[PDB]
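Figure: structure with plinabulin.
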Amino acid sequence: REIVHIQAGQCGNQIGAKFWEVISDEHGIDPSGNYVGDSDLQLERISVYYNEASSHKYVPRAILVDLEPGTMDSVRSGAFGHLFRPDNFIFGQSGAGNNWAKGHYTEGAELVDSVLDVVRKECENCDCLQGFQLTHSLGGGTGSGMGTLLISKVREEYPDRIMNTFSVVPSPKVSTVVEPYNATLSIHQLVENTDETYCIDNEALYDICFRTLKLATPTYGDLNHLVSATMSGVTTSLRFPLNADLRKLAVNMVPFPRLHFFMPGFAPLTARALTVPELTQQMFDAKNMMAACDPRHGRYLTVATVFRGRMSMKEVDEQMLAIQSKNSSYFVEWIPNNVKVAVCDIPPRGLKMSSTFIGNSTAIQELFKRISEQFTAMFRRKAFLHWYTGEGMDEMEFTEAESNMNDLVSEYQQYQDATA
Amino acid sequence: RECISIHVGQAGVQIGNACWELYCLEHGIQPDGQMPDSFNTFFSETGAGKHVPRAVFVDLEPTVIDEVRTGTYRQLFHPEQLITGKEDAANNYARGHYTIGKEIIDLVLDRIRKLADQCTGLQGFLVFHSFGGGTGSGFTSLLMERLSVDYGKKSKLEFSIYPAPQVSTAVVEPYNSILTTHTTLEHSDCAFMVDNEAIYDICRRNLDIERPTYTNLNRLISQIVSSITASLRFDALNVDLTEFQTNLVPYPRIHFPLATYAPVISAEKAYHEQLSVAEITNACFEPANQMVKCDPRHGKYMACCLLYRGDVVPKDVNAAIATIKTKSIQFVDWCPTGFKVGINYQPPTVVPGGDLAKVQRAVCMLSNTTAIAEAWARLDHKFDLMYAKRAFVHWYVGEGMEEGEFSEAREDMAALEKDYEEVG
Amino acid sequence: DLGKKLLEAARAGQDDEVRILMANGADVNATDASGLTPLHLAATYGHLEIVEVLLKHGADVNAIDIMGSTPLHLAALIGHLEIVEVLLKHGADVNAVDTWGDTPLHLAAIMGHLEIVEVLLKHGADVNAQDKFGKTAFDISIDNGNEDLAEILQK
Ligand SMILES: Nc1nc2c(ncn2[C@@H]2O[C@H](COP(=O)(O)OP(=O)(O)OP(=O)(O)O)[C@@H](O)[C@H]2O)c(=O)[nH]1
Ligand SMILES: Nc1nc2c(ncn2[C@@H]2O[C@H](COP(=O)(O)OP(=O)(O)O)[C@@H](O)[C@H]2O)c(=O)[nH]1
Ligand SMILES: CC(C)(C)c1[nH]cnc1/C=c1\[nH]c(=O)/c(=C/c2ccccc2)[nH]c1=O
Ligand SMILES: [Mg+2]
Ligand SMILES: [Mg+2]
């Protein structure tokens with residue numbers, strides 16, 4: 001039933017606040033926690049993300065974490081800032097200065113127990129916890145360094161629960177040069193400790209805004225508008241009744257435990273109505289992917305698609321069948337019937353028709369190679385390593401993270417080349 | 001001579017709903033158990049006139065059985081015989097069998113024993129479940145193992161939903177299907193498979209339904225189940241569960257009869273011309289009417305039962321059979337070529353909210369044909385494609401199962417396919 | 001040893017301490033254990049005024065460490081545009097090859113420092129220069145799908 005939501009660092013809290021804004025509107029929750037919606041379907045699965053409080057207020061099951069205090073002021077002055085449980089704000093007074101080691105071993109490690117005290121509290125109020133979703137970036141210090149520490153600690157305490165992340169991958173187009181360090185060290189943790197990771201690539205988000213949406217200077221608000229749309233569609237199947245929970249969806253999406261990094265896509269892409277053939281086509285188009293990878297460069301292990309709005313499911317079945325058969329060589333033949341479809345009658349805000357793509361594709365190795373090449377260029381010159389080793393890190397942690405990263409890349413390629 | 005029906009997982013529960021909905025109508029029982037008795041095999045009677053199904057509904061999550069508890073039949077069943085956990089098997093046989101399923105198995109057996117204790121001569125169980133779900137596969141195999149220990153001399157019959165991609169919600173269903181069949185083969189006496197794709201095509205081609213729902217599929221499935229179990233609920237052939245085994249399973253591992261049903265007519269054709277005994281009999285050897293997609297012309301028959309319902313004269317059945325004998329259905333050389341015949345003279349019933357037209361005559365043919373091995377090969381092939389890369393295996397190994405059980409199950413299946421080839 | 005202190009002052013951006021250390025005779029071309037000079041370090045950590053001070057007093061603009069890195073390699077890697085310009089103005093070898101076969105153009109391309117890429121090209125960066133795996137900067141831009149870099153390199 002219940003999902004516990006944790007958002008860490010500036011990016012994690014910024015895209016997290018936007019998520020809660022979007023799905024509150026979808027469910028008819030106002031900034032004061034009152035239900036003001038029309039459809040009873042808005043409340044059927046309201047308890048997945050909200051606790052029903054005393055005066056019938058609906059309160060997000062959300063925990064807000066950062067080492068920087070100014071992040072909590074920004075979220076709190078948001079439209080739904082005073083809807084979060086005030087005691088669920090856990091903030092230090094230092095900041096990590098984009099230093100993974102500070103988030104993971106020093107400042108963040110001094111704050112993690114406070115976060116776990118609040119996590120424990122929320123989990124105790126749950127009737128049947130599904131698991132956890134985390135929002136964070138991989139390129140800073142708090143979201144990446146402390147976020148992965150939080151992941152491991154939560155994994156130790158609740159090992160029989162699903163851990164999913166929405167993980168923002170850094171890009172020089174939206175950028176310091178130590179971000180490949182932070183992301184590599186974080187990916188190392190995500191490989192071992194999460195069940196599903198949605199790879200939200202700032203390189204892809206910038207490209208979409210700059211080249212498709214023709215936004216000359218994309219802002220974080222421009223990038224996060226695509227993120228809030230992606231997070232809404234990815235969680236639709238859990239907020240509006242299939243008989244499938246987080247675990248059932250992981251079992252169908254993850255054939256091998258390490259390869260749990262998803263390329264998300266969305267159609268239509270708009271800035272601040274398509275037909276079913278147009279939704280199906282754009283959903284699989286490389287230009288609609290939230291990870292900067294070309295799916296035609298790899299092969300799909302598993303694919304899930306979620307259509308939203310009133311449409312012909314007869315037509316959806318037909319369009320989804322042809323995009324497989326006509327592109328048959330891009331879906332691995334040793335996983336039969338590996339593309340699943342669901343439809344939700346309720347469309348997102350501002351649209352009558354939309355669709356969300358979730359791909360477990362071996363082409364995701366292009367994202368990991370891009371990070372690894374940047375990491376290696378820096379690491380070969382040993383630039384700024386004392387910044388990290390001054391917080392107690394050994395240099396072997398860097399080499400081990402690089403190595404595991406390249407191992408993950410080689411695993412993707414092996415299954416990309418596998419035959420039946 | 002009582003029979004207890006057990007429904008496991010989403011598919012088993014929802015098909016159970018349809019079956020008991022049809023049963024009540026066929027016997028004149030209202031949704032509250034009241035009736036303004038041959039059916040005492042399937043319904044107990046309280047000292048107040050209430051007729052209660054001898055039925056258990058089990059699921060590892062509550063929302064499907066919760067609909068039974070609040071729906072039209074909320075007062076039909078024993079409330080304590082509607083049993084739910086909180087966390088389902090996540091399409092994982094290992095969870096249904098080894099970890100989550102064992103949290104509730106003892107409660108389920110104690111509640112079944114409550115029903116059993118009310119029986120003066122229990123014949124055994126009818127178990128309804130999907131192949132593809134984690135509960136339908138895993139918890140069913142666990143329940144069957146336990147039932148064979150605690151009811152050593154009772155018969156156990158299966159109605160099992162064979163998976164189809166058109167309505168499939170799990171890529172791992174081929175795994176669960178093989179795992180459950182391996183661990184159930186020893187414990188099941190006779191198993192009626194229903195291919196969701198076959199029912200799908202019937203609803204599309206015969207009933208004119210573009211996108212069949214689970215409700216459409218399940219009312220059609222309940223019609224075939226009803227024709228199969230009518231002999232137990234009315235007065236000649238297949239009078240007790242053991243007789244199912246005697247008539248349909250001469251070879252104990254080959255216990256998967258093919259069901260074929262006719263006629264299936266859209267409710268929009270209320271004034272259809274009525275088909276004769278000969279015409280509906282002929283329709284039983286048309287692959288379009290089979291519950292499992294396969295080709296009996298390329299198989300051999302080991303046994304064949306014809307169960308008629310309605311305005312059916314025995315001499316017309318005998319003439320229709322004579323045609324069938326002398327016109328390419330081959331029996332094995334070690335069984336009688338004859339066809340067993342049951343006639344239930346009650347007109348077949350249709351649910352008022354159903355998609356079927358009323359018919360004066362219907363027939364369900366049950367034939368043990370080696371041709372159904374084709375359906376095993378299709379599943380096994382899908383199994384082999386994934387297991388060769390060990391895809392999804394880690395989910396099962398992490399939930400109380402050893403990886404060697406995969407290949408142990410697949411080797412059983414290979415031997416089962418060998419059994420079909422040797423007989424054929 | 002004033003050489004060690006000059007190296008640390010140049011790394012930390014201690015502009016006053018750099019001037020005092022040099023006035024006492026500190027070796028402008030001192031090296032640490034791996035062959036980095038004060039100019040390498042000032043260029044790495046973005047300390048432009050110190051880069052210019054060192055160049056004014058005999059720093060070798062093209063000094064290499066044990067790995068073949070020049071100050072321009074490091075400035076192009078970290079992304080200090082003004083420093084890249086100052087080093088090129090004082091004779092930095094635009095096509096210096098390090099022990100991985102990388103030129104400044106390779107490192108600026110890899111790290112997405114597009115303005116620096118344009119500067120290095122204008123000063124004659126070799127678009128055909130191959131790293132030890134045979135990749136040019138254009139190969140890197142196509143292999144990693146960086147369209148903005150690929151059209152810069154094609155001008
Ligand atoms: N004919 C029919 N098939 C169904 C129904 N529900 C599911 N099926 C199929 O059953 C398979 C999925 O198994 P389920 O019965 O839903 O799963 P379960 O037994 O509840 O097990 P878990 O949910 O994994 O714990 C798929 O092949 C479905 O198409 C139904 O109501 N009628
Ligand atoms: N898409 C997106 N990226 C962000 C946002 N805020 C920060 N980032 C990105 O996150 C990374 C920096 O991590 P940050 O969250 O700011 O530092 P932290 O507070 O220590 O976790 C950079 O790659 C930034 O481009 C945001 O609102 N949206
Ligand atoms: C049938 C269908 C399309 C619903 C499906 N089949 C397997 N996977 C999915 C979709 C999802 N699979 C997931 O794993 C998923 C993850 C999720 C959900 C909520 C919150 C965080 C992550 N969200 C999804 O929509
Ligand atoms: Mg920070
Ligand atoms: Mg279920």
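In what follows, every chain begins at residue 1, and chains take the letters A, B, ... in the order their sequences are listed. Order of appearance sets the numbers: ligands from 1, and atoms from 1 within every ligand.
Within this structure, plinabulin can be identified as ligand 3. Counting heavy-atom pairs under 4.5 Å, the chain with the most contacts to plinabulin is listed in the PDB entry as Tubulin beta-3 chain.
Contact chains for plinabulin (heavy atom under 4.0 Å, other chains only): A.
For plinabulin, the residues with heavy atoms nearer than 4.0 Å are A/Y49, A/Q133, A/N164, A/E196, A/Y198, A/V234, A/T235, A/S237, A/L238, A/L242, A/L246, A/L249, A/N252, A/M253, A/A304, A/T305, A/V306, A/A342, A/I358. Ranking protein heavy atoms by distance to atom 25 (O) of plinabulin, first place goes to A/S237 OG, 2.7 Å. When each atom of plinabulin is checked for a heavy atom of A/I358 under 4.0 Å away, the hits are 11 (C), 23 (N), 24 (C), 25 (O). The protein heavy-atom contact nearest to atom 22 (C) of plinabulin is A/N164 ND2, 3.2 Å. Per UniProt's GTP-binding annotation of chain A, a non-hydrogen atom lies under 4.0 Å from plinabulin in no residue. Summary of contacts: the protein heavy atom closest to atom 1 (C) of plinabulin is A/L242 CD1, 3.6 Å. Remark: plinabulin and A/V234 share an N or O pair separated by less than 3.5 Å (distance only, no angle test). Per-residue contacts place A/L238 under 4.0 angstrom from the following atoms of plinabulin (heavy atoms of the residue considered): 18 (C), 19 (C). Contacts under 4.0 Å between plinabulin and other ligands or ions: none.
Residue A/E196 places at least one N or O, backbone or side chain, under 3.5 Å from an N or O of plinabulin. A/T305 O, 3.4 Å is the protein heavy atom nearest to atom 3 (C) of plinabulin. The protein atom (non-hydrogen) at minimum distance from atom 10 (C) of plinabulin is A/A304 CB, 3.5 Å.
For plinabulin, the atoms lying closer than 4.0 Å to a non-hydrogen atom of A/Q133 are 20 (C), 21 (C).
The closest protein non-hydrogen atom to atom 12 (N) of plinabulin is A/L249 CB, 3.3 Å.
Source organism (PDB) for chain A: Homo sapiens.
The N/O atoms of A/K340, backbone and side chain alike, include none that comes under 3.5 Å of an N/O atom in plinabulin. With respect to atom 15 (C) of plinabulin, the closest heavy atom belonging to the protein is A/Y198 OH, 3.0 Å. For plinabulin and A/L246, the ligand atoms under 4.0 Å from any heavy atom of the residue are 17 (C), 18 (C), 19 (C), 20 (C), 21 (C), 22 (C).
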